Amino acid sequence: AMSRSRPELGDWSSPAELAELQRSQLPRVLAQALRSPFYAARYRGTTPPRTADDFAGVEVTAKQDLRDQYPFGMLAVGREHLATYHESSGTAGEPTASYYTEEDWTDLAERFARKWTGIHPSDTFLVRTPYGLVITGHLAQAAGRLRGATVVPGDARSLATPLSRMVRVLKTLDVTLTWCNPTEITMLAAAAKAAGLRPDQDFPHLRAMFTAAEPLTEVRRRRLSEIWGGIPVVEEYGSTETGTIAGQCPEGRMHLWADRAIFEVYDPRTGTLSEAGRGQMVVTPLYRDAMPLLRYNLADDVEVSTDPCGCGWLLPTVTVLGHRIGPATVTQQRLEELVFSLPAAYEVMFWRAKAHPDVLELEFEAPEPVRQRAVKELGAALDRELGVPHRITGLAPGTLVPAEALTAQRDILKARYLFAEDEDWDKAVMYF
Amino acid sequence: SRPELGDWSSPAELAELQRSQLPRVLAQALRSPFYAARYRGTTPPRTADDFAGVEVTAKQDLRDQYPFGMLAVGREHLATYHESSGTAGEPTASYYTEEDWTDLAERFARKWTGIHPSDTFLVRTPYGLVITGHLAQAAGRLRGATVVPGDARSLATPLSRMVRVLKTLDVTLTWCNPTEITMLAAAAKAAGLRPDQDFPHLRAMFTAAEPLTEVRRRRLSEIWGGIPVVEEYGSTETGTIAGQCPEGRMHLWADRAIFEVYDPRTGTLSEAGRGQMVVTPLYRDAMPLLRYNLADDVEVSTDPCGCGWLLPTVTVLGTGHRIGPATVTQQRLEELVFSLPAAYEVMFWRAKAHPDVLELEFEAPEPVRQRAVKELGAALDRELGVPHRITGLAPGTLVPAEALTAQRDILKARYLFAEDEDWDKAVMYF
Ligand SMILES: Nc1ncnc2c1ncn2[C@@H]1O[C@H](COP(=O)(O)O)[C@@H](O)[C@H]1O
Ligand SMILES: O=C(O)c1ccccc1O
Ligand SMILES: O=C(O)c1ccccc1O
Ligand SMILES: O=C(O)c1ccccc1O
Ligand SMILES: O=C(O)c1ccccc1O
Ligand SMILES: [Mg+2]
Ligand SMILES: [Mg+2]
Ligand SMILES: [Zn+2]
Ligand SMILES: [Zn+2]
């Protein structure tokens, strides 16, 4: 590496060489970790870990530790070196703070930019995740700028950017790439149809859709691809606290970015850490100064395999998993496979289910002509695959996902205090 | 590379710094479909002298050329794409190269209070398509300040959460519109924090996007413990084109753009006086603008300022209503509302011009309400002489308690729920 310090795919040719690329960083990482109040307090009366060998003995860092240290208990650098500050999704009541130096950001941007489809100057990249405190909009934008793509900041959950306006942007700007959660991929598809555009034909420049943030079955991922004309739906896995830790290969598996972090699986029964198997995703990022994390337990239920993939990347794969009803165990993943196995022509995208002690209640939207078939087929799928008692109800479109979410436009107004006689002064101080 | 405050020592040297860029700027402008079509079949302007004759560019031209009619570079050289606030029905597209962004970031970073690594900077403006959030964030990154991306109009970041962030992160700088400054002050009290005492690290508040009287600006400062409220002037299409000096005048960033005043009656352009703000940015390659008429009503003065910056000053107006004998502007009413004593806590108000009467409502606590109505009535009598119907309202009437106190979990879509959970958050989870 003449110019770059941080590793790339191909700097190692064996699992043995990957482990050495990792362990060589641990002295710096362990020295940096001890600079934070949290780790200096953890190792108070003892000898701190310093060497790659000492790492074996290092205690897990829990989500609750990150919350107890709010806001800067995990901080290992002077505040003058921070570039951005972030907070996690979930509960507003117990915030999880994350923060990054400029150089931390180069590692974050590189990991997001590991998109098998590429990101190029030729791309127009719609970033359709929130920019409010969470990292996700900032992360995609930073990766877009790193690779020279035109970034369209769509934001998400903003009154400035309803779906109708995103559909017009996708079409008229010839957008080539999107970043949004998998539910937003279906929201955009429904908004396109309500504008009289066919997601499968009317966006010929759209070449890939980047997604994360929800457990996503291959059956649902394939349907989302088919809705949008058979283009790749490129999954990644991360968190505000870690950045992107795994990205899809051309074969459709997520591979751990183990050159940039030590990945371990925590068995909460035994409290053992292992390089692979089923249990809780544990991460030690190797290229971060501001907020060192030693064996941070994301508490996501994962399966990590060192088994080779068809792609040939020399990295482990990860599946992210994320209610029992009499004899059967019913998961969202299993129901999602059954819902998204209904024929595409039935247009079933929006659904929800509740586990009662004795019965699974499930609702979905479908057009009237196909609704009774969709109810019957999905019932028979549940009988055949799970054998749970069910109450399935088909609903009119606009019942779960209202028409106004899909078609309403909103002016981006500023506060006004003086109105003409014929104006609505309801928009005076509450103008959003 | 690009000029800094102090690189010119006279108005004559400033004009030379400008005119020297015009050949490049005029050549770049002609690369766009719009300007190539405008000067089709004629000889195009090429020299600093030719600039005098150049036709104004209207906001309607930017709308008519949606999306990339104003584009002077290959799309491969674009860094970001933006759209303006106002009507959703007629989008105004703008776009910038990486080098365009350095000029934008430098102009925003011209804050007389500075932006430093020692700063923690809450950006509380939208990131959704408009430039505003992205502009403040790029300036914070340029100057090394810790950027806290608050966003605005996002379900992710309600006022209650911004107030907790202001306090617990020791935020030193904010960027938000002047109404948001009062919204945050009301939200702070609802969270049990006194804006005038409980934010000791807050040192300055940056604001723009509303016509702002000195009387209102001073009150916003007093609400937040007497710290500077630093106004700038800009637009979603240009970024910051003027910034406040320590004397409280906004100075035009004329080293980065030629500023002219348009008389719409005659279509005469002038270096100073009354009329419509016209801007020709000098360091803007993706989307060249020749004499872009912002259509803001402004007064430009070349008079020297005590601050010692050798740049013209600008006052920004906004067009008001006849009510019997008198003409009432928002700015005039705002001066009267914000001349009520601070202890009355009149911040939220609205008014309607009828042909015969000014209807005005504001929130004030019950003990002060009748005095506030009487004093404000006498101010209107004394200053405007318009008939008025003034009503005092309970706090929570114009700005509801919910907007100030509601917390909102940042949920993701969920499809399987337990019996006792709210499944209304399944697909509509915002
Ligand atoms: N591709 C994915 N599949 C499943 N869950 C995901 C995926 N990406 C992100 N997540 C979830 O989202 C979390 C990130 O949370 P946050 O930092 O609050 O945005 C992860 O810890 C997972 O629980
Ligand atoms: O909410 C989202 O849209 C989202 C998308 C990707 C990653 C994290 C997120 O919160
Ligand atoms: O869920 C997230 O916040 C997230 C953040 C970074 C990258 C991928 C992700 O899903
Ligand atoms: O909407 C805002 O809060 C705002 C603030 C500053 C400048 C432009 C803006 O729209
Ligand atoms: O919209 C504004 O009034 C504004 C002001 C300064 C900078 C960016 C902006 O959009
Ligand atoms: Mg580019
Ligand atoms: Mg810094
Ligand atoms: Zn693979
Ligand atoms: Zn001055």
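Labels below follow one simple rule: chain letters A, B, ... track the order of the sequence lines, proteins then strands, and each chain is numbered from 1. Because only heavy atoms are used, hydrogens play no part in the values below, and waters and symmetry mates are left out as well, while side chains stay in. Remember, it's 1-based here, ligands and their atoms both numbered in the order they're listed. Determination method: X-ray crystallography, 1.9 Å.
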Ligand 4: macromolecule with most heavy-atom contacts, named per the PDB entry: PaaK-like ligase (AMP-dependent synthetase and ligase)
Name of drug found at ligand 4: salicylic acid
Other-chain heavy-atom contacts under 4.0 Å with salicylic acid (ligand 4): A, B
Contact residues, salicylic acid (ligand 4), heavy atoms 4.0 Å: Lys414(A), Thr125(B), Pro126(B), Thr132(B), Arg153(B), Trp175(B), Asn177(B), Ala208(B), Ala209(B)
Identity and distance of the protein heavy atom lying nearest atom 10 (O) of salicylic acid (ligand 4): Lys414(A) CE, 3.8 Å
Deposit name for chain A: PaaK-like ligase (AMP-dependent synthetase and ligase)
Closest approach of any protein heavy atom to atom 1 (O) of salicylic acid (ligand 4), naming residue and atom: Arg153(B) NH2, 3.4 Å
Per-atom contacts of salicylic acid (ligand 4) with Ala208(B), taking only distances under 4.0 Å to non-hydrogen atoms: 6 (C)
Heavy-atom nearest neighbour in the protein, as seen from atom 5 (C) of salicylic acid (ligand 4), with distance rounded to 0.1 Å: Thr125(B) CG2, 3.2 Å
Contact (N/O only, under 3.5 Å) between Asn177(B) and salicylic acid (ligand 4): yes
Salicylic acid (ligand 4) - covalent partner residue and atom: none
Ligand-residue contact atoms, salicylic acid (ligand 4) with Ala209(B), heavy atoms, under 4.0 Å: 4 (C), 5 (C), 6 (C), 7 (C), 8 (C), 9 (C)
